[PDB]
Colleague: 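Please find one structure pasted underneath; my questions will follow.
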Amino acid sequence: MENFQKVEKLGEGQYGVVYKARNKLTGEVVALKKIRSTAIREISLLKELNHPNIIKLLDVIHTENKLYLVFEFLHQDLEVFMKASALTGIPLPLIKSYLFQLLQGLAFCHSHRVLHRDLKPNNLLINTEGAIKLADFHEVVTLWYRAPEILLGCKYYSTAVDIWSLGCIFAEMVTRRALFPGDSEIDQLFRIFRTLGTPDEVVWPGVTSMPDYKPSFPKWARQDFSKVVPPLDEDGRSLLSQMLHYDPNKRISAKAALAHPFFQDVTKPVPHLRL
Ligand SMILES: CC(C)c1cnn2c(NCc3ccccc3)cc(NC[C@H]3CCNC[C@@H]3O)nc12
C-alpha cells in the first residue's frame with residue numbers, strides 16, 4: 001500500500017474491500033481490491049480476458065496473506081445512475097445501448113468459458129463516453145437478480161444464469177422498479193413464481209427433481225406479461241421473455257440475443273452523469 005495513495009472507499013466487492021487509489025509513481029487513478037493457491041493461477045487467466053465491455057484488470061499482487069487486484073477506475077455504477085435518473089427514467093436508446101453492450105461483454109465471457117455469476121446494477125460500471133462494463137466477477141446479500149436454478153439448488157451453474165440476471169436489470173431500467181425484490185431465497189423464488197407462474201415439468205423438464213424443489217410449493221398461474229413491464233414495446237417484451245425462460249436450456253444465449261429485432265435501431269448515446 002506504500003505504492004498507492006488511498007483516496008476513497010468505493011465499497012465491498014465479492015471477496016474484499018475496494019479503494020479508489022493513486023499509483024505513487026505513475027499518477028494513475030485505479031480501483032484497488034484487497035482480498036482478505038489455485039486462485040493465484042485462475043485470476044491470472046482473468047487478466048487476459050480483455051474486451052471493451054469488461055473491466056480491465058491491470059495487476060494481480062499476492063503478498064502477506066492478502067491478494068490485491070488493481071483494476072481500471074470507472075466513474076459511476078449503474079445502481080447510482082438509475083437512482084439519479086428515477087424521476088424521468090433512463091431514455092430508451094440508452095437502455096438499449098447498455099443492454100446491447102452488456103450482451104457483447106457476456107457473449108465474449110461465455111465464449112471463453114467465464115461466467116459472471118453475480119450480475120447486479122452495482123457491479124455494472126459506466127463512463128461519460130456511453131460505455132458500460134461488467135465488473136466484480138456486514139453486507140446483506142442481494143438475491144433480486146438470482147436465476148431460479150441457483151435458488152433451487154443447482155450445483156453446476158451455466159452461462160444462462162447471467163442472461164437471467166441481465167433480464168432482471170433490463171426490466172428494472174425500463175420500469176424503474178426491481179422486477180423480483182425478494183429478501184430471502186424462498187421469498188425470491190415465490191416472487192418469481194407469482195410473476196412467471198410456478199414452473200412445472202411442461203415448461204421446465206427436470207424442475208421437480210432439483211435439490212430444493214418441494215412438491216408442496218404453491219401453484220401460481222403466470223401473470224400476463226404486458227402487465228409486468230408495461231412501457232416496453234413488443235420487441236423488448238419478446239427479448240425479455242426469452243431471457244427469463246425458466247429452463248436454462250430454453251433461455252436465449254448472449255450471442256443469439258444480439259441478433260434480436262429489439263436491437264435493429266441500436267445506437268450509442270451519451271449519458272448525463274453528475275460526478
Ligand atoms: C473494483 C473495480 C471493479 C471498480 C472500478 N470502478 N469502481 C467503482 N467506480 C464507481 C464509483 C466512483 C466513485 C465513487 C463511487 C463509485 C466503484 C466500485 N465499487 C466497489 C464495489 C461495489 C459493489 N459492486 C462491485 C464494486 O467493485 N468498484 C469499482
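Along the sequence shown, residues carry numbers from 1. Both ligands and their constituent atoms are indexed starting at 1 by order of listing. The analysis underlying the following values was restricted to heavy atoms, covering all of them including side chains, and did not include hydrogens, waters or symmetry mates.
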Colleague: I'm looking at ligand 1, any idea what drug that is?
Modeller: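 PDB records name it samuraciclib.
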Colleague: Which chain contacts samuraciclib the most here, in the terms used by UniProt?
Modeller: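 The chief chain, as UniProt names it, is Cyclin-dependent kinase 2.
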Colleague: Could you help me out with the residues around samuraciclib? Anything with a heavy atom closer than 4.0 Å counts.
Modeller: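 Heavy atoms under 4.0 Å: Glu8, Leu10, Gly11, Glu12, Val18, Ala31, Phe71, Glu72, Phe73, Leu74, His75, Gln76, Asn122, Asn123, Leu125, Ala135, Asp136.
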Colleague: For samuraciclib, which is the ligand I care about here, please tell me if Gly13 has any N or O atom under 3.5 Å from one of the ligand's N or O atoms.
Modeller: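 No, there is no polar N/O contact under 3.5 Å.
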Colleague: In samuraciclib, which numbered atoms sit nearer than 4.0 Å to a non-hydrogen atom of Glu8?
Modeller: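 Selected atoms, number and element: 14 (C).
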Colleague: Tell me which UniProt domain of chain A holds most of the residues that touch samuraciclib.
Modeller: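 The majority map to UniProt domain Protein kinase.
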Colleague: Nearest to atom 8 (C) of samuraciclib, what protein heavy atom do you find, and at what distance?
Modeller: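 Ranked first by proximity to atom 8 (C) of samuraciclib is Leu10 CD1, 3.8 Å.
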Colleague: Give the atoms of samuraciclib, by number and element, whose distance to some non-hydrogen atom of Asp136 is under 4.0 Å.
Modeller: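 In order of number, 25 (C).
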Colleague: At a 4.0 Å threshold, what atoms of samuraciclib neighbour a non-hydrogen atom of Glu72?
Modeller: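 Near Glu72, meaning under 4.0 Å from one of its heavy atoms, samuraciclib has 5 (C).
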Colleague: Which residue and atom does the covalent bond from samuraciclib terminate on, if one is modeled?
Modeller: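 As deposited, no covalent bond from samuraciclib reaches a chain.
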Colleague: Closest non-hydrogen protein atom to atom 29 (C) of samuraciclib, residue and atom name please, with distance?
Modeller: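 Scanning the protein heavy atoms, the shortest distance from atom 29 (C) of samuraciclib goes to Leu125 CD1, 3.8 Å.
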Colleague: Which samuraciclib atoms does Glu12 reach within 4.0 Å, using its non-hydrogen atoms?
Modeller: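 Heavy-atom distances to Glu12 below 4.0 Å select 21 (C), 22 (C), 23 (C).
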Colleague: Taking only heavy atoms of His75, which atoms of samuraciclib are found under 4.0 Å from at least one of them?
Modeller: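 Counting from 1, the qualifying ligand atoms are 10 (C), 11 (C), 12 (C), 13 (C).
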Colleague: Name the UniProt Mg(2+)-binding residues of chain A with any heavy atom within 4.0 Å of samuraciclib.
Modeller: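 Among the UniProt binders, by heavy-atom distance, it comes to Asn123, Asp136.
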Colleague: Which residue owns the protein heavy atom closest to atom 4 (C) of samuraciclib, what's the atom, and how far is it?
Modeller: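 Closest protein heavy atom to atom 4 (C) of samuraciclib: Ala31 CB, 3.5 Å.
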Colleague: Under 4.0 Å from any heavy atom of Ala135, which atoms of samuraciclib are there?
Modeller: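 Reading through samuraciclib atom by atom, the close ones are 3 (C).
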Colleague: Between samuraciclib and the protein, which N/O pairs are shorter than 3.5 Å?
Modeller:
unit_1, atom_1, unit_2, atom_2, d
samuraciclib, 6 (N), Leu74, N, 3.2
samuraciclib, 9 (N), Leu74, O, 2.8
samuraciclib, 24 (N), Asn122, O, 2.9
samuraciclib, 24 (N), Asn122, OD1, 3.2

